[PDB]
Asker: 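Provided herewith is a single structure, encoded as structure tokens, for subsequent inquiry.
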Amino acid sequence: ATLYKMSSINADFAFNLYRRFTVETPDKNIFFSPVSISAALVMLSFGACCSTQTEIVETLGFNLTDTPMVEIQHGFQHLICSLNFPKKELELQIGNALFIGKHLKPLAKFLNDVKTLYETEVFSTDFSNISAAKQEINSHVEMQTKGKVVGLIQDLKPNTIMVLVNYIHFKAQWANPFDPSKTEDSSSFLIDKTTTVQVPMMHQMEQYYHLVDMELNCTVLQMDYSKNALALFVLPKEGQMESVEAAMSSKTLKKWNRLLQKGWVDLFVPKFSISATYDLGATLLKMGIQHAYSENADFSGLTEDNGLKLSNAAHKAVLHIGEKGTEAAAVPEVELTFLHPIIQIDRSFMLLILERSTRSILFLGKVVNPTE
Ligand SMILES: N[C@@H](Cc1cc(I)c(Oc2cc(I)c(O)c(I)c2)c(I)c1)C(=O)O
Ligand SMILES: [F-]
Ligand code: NA
């Protein structure tokens, strides 16, 4: 039940956070894992008390009258268990960790609870050595992501006390892989009104769920992975990116779920990779997480020691889109005449990667320029 309520709330948080990012960095690539951020902040909240705690979950979009705190905590336990369960043909792990200055001692019950509930690991770190601390954090993340997310954290100020990190590991195959013999190099991709970049353009004629949204002035194309997950490509009409961004919400996803229809599409999709790195504090504080960052932070559920507060919450997300899926691997031959409409993704678009069993947003972003 809680898992069901969480989907809409987590999606609205995703889009609200996305909009915060557009105002921090206008007209630049955006790419992050909403569900991983949500889960990490619920974990952090598990060690917080009073307003420090309620600020976090309310900023995530929850109403404590509707979903009591313990229900949220257990709903996210169930979510992580579900997403991270081993599945054939899909690797999916969301995860997080805390790095805490060595002078502060976490409560053993907290450590054991968050490992059990959320798979979280917690490390004692000497933040007086900034380069060493960054390497420790980044090595942890690189190992947890089987090497895919490298250099997640880039900046730490002196007097760092606690760092939250969150990440996602994702490996998947398209239900309908592209034939690499049809991939065209150096196709033109508009990164703004007048500027083009050259990108390889994959090409497949197949049946896809898609729609033309007359209200929001965009075309939506659904491409399934072979297990659990799917991609939505959101292609705004000329000059309509801003109106699309403003409209994205859990209500919009519900509308599209109903209106998507299947048919033949002569489809052209760029082959590319995207990444982005964030220090989330700026946005999260604006969105309402204040006490956790202050000298009055109440982390009594985390430690009996005085002086614990959040210093930084860091996140990096990366994804490849290629002929097979997420991996640069061969497409076996076995796995591959009326006039059909063309959808050509040759200009800036929004991208969602969704997980079906839990209705989580694994990745959300805007591809302004696919050639980083
Ligand atoms: N129809 C197919 C394909 C599909 C899956 C998902 I996941 C999705 O994204 C959401 C996200 C939220 I949040 C919702 O409340 C709803 I309804 C759909 C959409 I669009 C389409 C299915 O379900 O397998
Ligand atoms: F196939
Ligand atoms: Na296949």
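Numbering, chain A: per the PDB entry, residues 17-352, 359-394 in sequence. So this one's X-ray crystallography, 1.5 Å, going by the header. Read the numbers this way: they start at 1 and go in the same order the structure lists the ligands and their atoms.
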Asker: Write down the drug found at ligand 1.
Answerer: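 You're looking at L-thyroxine.
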Asker: At the binding site of L-thyroxine, which chain contributes the most contacts (name from UniProt)?
Answerer: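 Greatest contact count: Thyroxine-binding globulin.
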Asker: Which other ligands or ions lie close to L-thyroxine, meaning under 4.0 Å away?
Answerer: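 There are none.
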Asker: What protein heavy atom sits nearest atom 22 (C) of L-thyroxine, and how far away is it?
Answerer: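 For this ligand atom, the closest protein heavy atom is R378 NH1, 3.6 Å.
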Asker: How far is atom 20 (I) of L-thyroxine from its nearest protein heavy atom, and which residue and atom is that?
Answerer: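 Going atom by atom, the protein heavy atom closest to atom 20 (I) of L-thyroxine ends up being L269 O, 3.4 Å.
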Asker: Is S266 near L-thyroxine, meaning one of its heavy atoms is under 4.0 Å from it?
Answerer: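 False for this residue.
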Asker: Among all protein heavy atoms in this structure, tell me which lies nearest to atom 1 (N) of L-thyroxine, with the distance rounded to 0.1 Å.
Answerer: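 Result: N273 OD1, 2.8 Å.
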Asker: Of the residues in chain A that UniProt says bind thyroxine, which ones have a non-hydrogen atom under 4.0 Å from L-thyroxine?
Answerer: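 The overlap, by heavy atom and UniProt annotation, is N273, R378.
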Asker: Specify the protein heavy atom at minimum distance from atom 9 (O) of L-thyroxine: its residue, its atom name, and the distance to 0.1 Å.
Answerer: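 The answer is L376 CD1, 3.2 Å.
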Asker: Among protein heavy atoms, which lies nearest atom 14 (C) of L-thyroxine, and at what distance?
Answerer: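 Nearest protein contact, heavy atoms only, for atom 14 (C) of L-thyroxine is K270 NZ, 3.6 Å.
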Asker: Considering only the protein, which heavy-atom contact is closest to atom 7 (I) of L-thyroxine, and what is its distance?
Answerer: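 For atom 7 (I) of L-thyroxine, the nearest protein heavy atom is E377 O, 3.7 Å.
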Asker: Which organism is cited as the source of chain A in this PDB entry?
Answerer: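 Source per PDB: Homo sapiens.
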Asker: List L-thyroxine atoms under 4.0 Å from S23, heavy atoms only on the residue side.
Answerer: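 Matching atoms, with element in brackets: 13 (I).
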Asker: Which residues does the binding site of L-thyroxine contain at 4.0 Å, with heavy atoms considered?
Answerer: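 With non-hydrogen atoms counted, the site is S23, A27, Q238, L246, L269, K270, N273, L376, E377, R378, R381.
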